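The following structure holds 1-deoxygalactonojirimycin.
A, B, C, ... go to the sequence lines in the order they are written. We number chain A the way the PDB entry does; in order, the residues shown are 400-607. Residues 192-607, in that order, are what chain B shows, numbered as in the PDB entry. Atoms within each ligand, like the ligands themselves, are counted from 1 in listed order. A fraction of the deposited model is presented, and contact counting is confined to that fraction.
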Amino acid sequence: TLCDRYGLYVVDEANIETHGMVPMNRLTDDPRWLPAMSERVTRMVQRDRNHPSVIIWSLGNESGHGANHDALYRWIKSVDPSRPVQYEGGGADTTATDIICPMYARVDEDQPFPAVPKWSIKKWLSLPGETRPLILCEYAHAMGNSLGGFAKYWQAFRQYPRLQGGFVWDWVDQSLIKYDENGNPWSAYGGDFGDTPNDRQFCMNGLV
Amino acid sequence: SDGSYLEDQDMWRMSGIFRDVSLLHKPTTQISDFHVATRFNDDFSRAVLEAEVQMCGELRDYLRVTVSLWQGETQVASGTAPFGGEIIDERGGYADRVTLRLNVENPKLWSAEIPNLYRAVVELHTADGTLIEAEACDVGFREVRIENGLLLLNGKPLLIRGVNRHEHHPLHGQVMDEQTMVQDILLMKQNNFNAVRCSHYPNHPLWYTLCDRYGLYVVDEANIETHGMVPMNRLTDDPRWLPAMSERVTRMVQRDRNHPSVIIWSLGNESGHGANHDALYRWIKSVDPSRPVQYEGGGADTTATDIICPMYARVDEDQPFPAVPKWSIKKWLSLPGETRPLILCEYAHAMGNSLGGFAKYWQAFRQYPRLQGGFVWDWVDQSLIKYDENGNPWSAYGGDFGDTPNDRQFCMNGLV
Ligand SMILES: OC[C@H]1NC[C@H](O)[C@@H](O)[C@H]1O
Ligand SMILES: [Mg+2]
C-alpha cells in the first residue's frame, strides 16, 4: 500500500529457498515437494495481484533449477499474463525466467564456474540466441566499508539499452541489540547469543 | 567514362591495358559454363559433388559429358550422362544442360589451416568415346554458413585474422605478376594472417588459385564505389544506374563461383545504401546460396548484409554520428533485435607509426563468441618510385607528379 502511494516498483518473491541442500535442486526437482512449493507461489499471487506497485513476480531464491520451477513459472503466466516472471536459480538464464537476472556478475570480467558460469554482463547480453533484457537481482555487496567500483556498473547501465539496472545487496544491516553490565546497548551479530554454528558478521550487509 | 562514376576507390588513378591479353580456340560444339557444388551429412563424413554443365552449338543424340574427380593420381569418383535437365516448369527443361552427382566417402576437407584440393575434369565426348574438349578446376570440400548468429566453416566458428590488400607495385603500378603475389601470400601466412579482403574490386584470376593452394579465406568484392557523390547514395538509389551496377556484380559471381578460397561475396564499398543494393543482394542469395553476402555502406547493418561489418568501430567507445552511428563493437552485438555475427571489414588504420591499441581488439575478439575478427587496413603502402638528378630512386606519394588536387601521404597505409 505504501509503495503504491509513494511510488516504488516492487519485485514480489515466493517464500522458497533451499540453499543448504546438496545439490541445491534436491527438493525442487522432486515431484513429492511440488504440492508444498505450489502453495507458496499460488497463495502469494492470489493475495497481491491487485497492487499497481508490484511489477514482477519472483519464484524464490537459490533453489537450483528443477522441473517444479518450470511448472510454477507456467502457472503464473497463465493466471496473470500482466507481469513478467523472474528466477535467478540454476544459472540465471533458464526457461523459468523472462529476464536474465544474475547475482554479482561483473561488468567486464568473466567468472567461468562449471555448470553455472557468471559471464560479465556486457558479454551475457550477446551470447548466441540470447534476446531477454538483463537486470541484476543482486549486485554490489555492501558489507562494511564497500561499494568500490559502483560507478562502473552505472556507466554500463547507461550505455547499453538491454542492461536495465539492478538491486543492490542490501538496505539495512541485520544486527541485534544486547545490553552490557551497566545496561549500555551494543550492536550484536552471529555468535553473540551462544548460537552455534553461526556465520559471524556476514549478516551485516546494509547501506544503513 | 561513365564507368568512372562507379570507380572512386582511394588509390592512384591510372589507365591502359594492365592485365593479360589472350586468344582462345574452342570447337563449335563446346562446354560454355560449368558449376561445382558440395553438400554434406551432419558430421562431414559423406559428401555429394554436384556438377552442372552447359553446352553451346548443335545438340546431337551421341553427345555425352563425363565428370571425374582426382586426388593426386587416384580417381576417386566419376559419372557420365547425355544432355537433358529435369523438368523445371510447364514448358519442360534445359535440353542443353546436364547435372552429374558424384558420391565421395570421407572427403578431405579444405580450410586455410589444411588446404586439401581435388581435381575435377569435365569432358565433352561422343558415345563411342572420341573427346571433343575438356575443362578442369581445383575443388575444395568445405561448407560456409551462418547458424545461430555465428559464421561456421565445416561446422566450427571462424576467427578471421584478415588484411585488406590492393594490387600495387611501386615500379609497375597496377600490373600484378605471379612472383609478387607469391611473395605477399608467404609474408601474410608467416605473420599469422588467414584471410584477405580484395579491396575493392575483383583481382587478377591467378590470385584465387594461389589462395586455394596455400590456404587463405578470400572476400571477393564488386568494383562499385561512389564515395565522391553527395549524398553517397545518389547513384545507387537511382534505377537508371541499376543496369551498370548489376553487370559489375553478376559477372564477378559468374567468373569466381567455383574457387574454394572465396567464402564471402561483397557488394562494393562506400556507396551509401540504395534500393539497387537490396536487389543485388537478393540476386546473389538466389543464384549462389552457398556463401554469405556482406556490404558495409549505409551504416554497416542494413538489409543488404548477412554480417554486421563496420569500419573503424572502437572496442569500448561509441561514435554517435547522425544517421550512420558507429557503436562500439561490444554494444552493437546486443542492440534490441540484433542476431548477426560482427566482422570488421576495416579496422586498426596502419598509417605510418601506428597500430596502438591493437591488443584491445584481440582481447575482445577472443572473449565474445559473435565478434569473429576483422581485416586490418591495410597490407602494402601505395607509394611510387621517382628518380633524382643522379638517378637515385626515392618513394613518392600524392602530389609528387604535379597531380592536383591530391591527398598527399594518405595513400600510404600499409604494414609493409
Ligand atoms: O585509408 C582510409 C580507408 N578508409 C576506408 C576505405 O574503404 C579505404 O578504401 C580507405 O580509404
Ligand atoms: Mg573511399
Which ligands or chains in the shown structure match 1-deoxygalactonojirimycin?
ligand 1
Quick check: main partner chain of 1-deoxygalactonojirimycin (ligand 1) by heavy-atom contacts, named as in UniProt?
Beta-galactosidase
Any idea which other chains come under 4.0 Å from 1-deoxygalactonojirimycin (ligand 1), counting heavy atoms?
B
So, at a heavy-atom cut-off of 4.0 Å, what does the binding site of 1-deoxygalactonojirimycin (ligand 1) look like in terms of residues?
B:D201, B:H391, B:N460, B:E461, B:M502, B:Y503, B:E537, B:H540, B:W568, B:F601, B:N604
Check whether any N or O atom of B:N460, backbone or side chain, sits under 3.5 Å from an N or O atom of 1-deoxygalactonojirimycin (ligand 1), and answer yes or no.
yes
Please report which non-hydrogen protein atom sits nearest to atom 10 (C) of 1-deoxygalactonojirimycin (ligand 1), along with the residue it belongs to and the distance in Å to one decimal place.
B:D201 OD2, 3.4 Å
1-deoxygalactonojirimycin (ligand 1) atoms in contact with B:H540 (distance to a heavy atom under 4.0 Å)
1 (O), 2 (C)
Any chance you can tell me which UniProt Mg(2+) binders of chain B have a heavy atom closer than 4.0 Å to 1-deoxygalactonojirimycin (ligand 1)?
B:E461
Could you list the atoms of 1-deoxygalactonojirimycin (ligand 1) found under 4.0 angstrom from a heavy atom of B:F601?
1 (O), 2 (C)
What protein heavy atom sits nearest atom 9 (O) of 1-deoxygalactonojirimycin (ligand 1), and how far away is it?
B:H391 NE2, 2.9 Å
Would you mind checking which non-hydrogen protein atom is closest to atom 6 (C) of 1-deoxygalactonojirimycin (ligand 1), with the distance to 0.1 Å?
B:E537 OE1, 3.2 Å
Could you find the nearest UniProt active-site residue of chain B to 1-deoxygalactonojirimycin (ligand 1) and let me know the heavy-atom distance, rounded to 1 Å?
B:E537, 3 Å
Identify, by atom number and element, the atoms of 1-deoxygalactonojirimycin (ligand 1) in contact range of B:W568, meaning under 4.0 Å from any of its heavy atoms.
1 (O), 8 (C), 9 (O), 10 (C)
To which protein heavy atom is atom 3 (C) of 1-deoxygalactonojirimycin (ligand 1) closest, and what is the distance rounded to 0.1 Å?
B:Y503 OH, 3.6 Å
Identify which residues UniProt lists as binding Na(+) in chain B have a non-hydrogen atom closer than 4.0 Å to 1-deoxygalactonojirimycin (ligand 1).
B:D201, B:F601, B:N604
